[PDB]
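Residue numbers count from 1 along this sequence. Ligands are counted one by one from 1 in listed order, and the atoms in each one are counted from 1 as well.
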Amino acid sequence: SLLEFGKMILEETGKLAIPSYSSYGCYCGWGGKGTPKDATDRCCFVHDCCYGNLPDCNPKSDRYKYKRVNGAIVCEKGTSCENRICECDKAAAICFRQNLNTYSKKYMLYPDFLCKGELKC
Ligand SMILES: CN1c2ccccc2[C@]23C[C@H]4[C@H]([C@@H]5C[C@H](O)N4[C@@H](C5)[C@H]12)[C@H]3O
């Protein structure tokens, strides 16, 4: 759920998912249109796609458990949905951490009309 995801992000990047990741570019946060603006936005695109592979799960509200073995994220065993949701989130958190160097404040609160294009998962 958003509770685990938000905490994962904070731990990984040091940034508060809200508002650092919840209104960035074309895919980070409400939204799903156009060409991703940068690496961080691509992380959110892939994340969106990952959740898209789970039509009968509920990623925003289904809670999972995860632990950290030193710095590594390890998804704990739960229902099939919880395991798969956790893997989606873990990947996004790592992706965000891998692209912190290019994270740009100019993409925060990015206006909708500038999100143009088609990009299939
Ligand atoms: C296609 N679509 C869906 C079709 C059928 C079930 C679920 C989904 C979506 C809605 C949502 C979300 C991501 C994000 C995304 O932008 N949308 C996609 C993938 C999904 C994902 O959970």
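Looking at ligand 1, the drug there is ajmaline.
The main partner of ajmaline in this structure, judged by heavy-atom pairs under 4.5 Å and named as in the PDB entry, is Phospholipase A2 VRV-PL-VIIIa. The 4.0 Å heavy-atom shell around ajmaline contains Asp48, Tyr51, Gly52, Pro55. Among protein heavy atoms, atom 2 (N) of ajmaline sits closest to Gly52 CA, 4.9 Å. In the vicinity of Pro55, heavy-atom distances shorter than 4.0 Å reach the ajmaline atoms 6 (C).
Within a 4.0 Å radius of atom 11 (C) of ajmaline, the protein contributes no non-hydrogen atoms. Taking a distance limit of 4.0 Å, we find that atom 19 (C) of ajmaline is approached by some protein heavy atom. When distances from atom 6 (C) of ajmaline to the protein are checked, a heavy atom turns up under 4.0 Å.
For atom 17 (N) of ajmaline, the closest heavy atom belonging to the protein is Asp48 O, 4.9 Å. Scanning the protein heavy atoms around atom 22 (O) of ajmaline, the nearest turns out to be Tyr51 O, 3.3 Å. In chain A, UniProt Ca(2+)-binding residues less than 4.0 Å from ajmaline by heavy-atom distance: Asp48.
Taking only non-hydrogen atoms into account, the UniProt active-site residue of chain A lying closest to ajmaline, to the nearest 1 Å, is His47, 6 Å.
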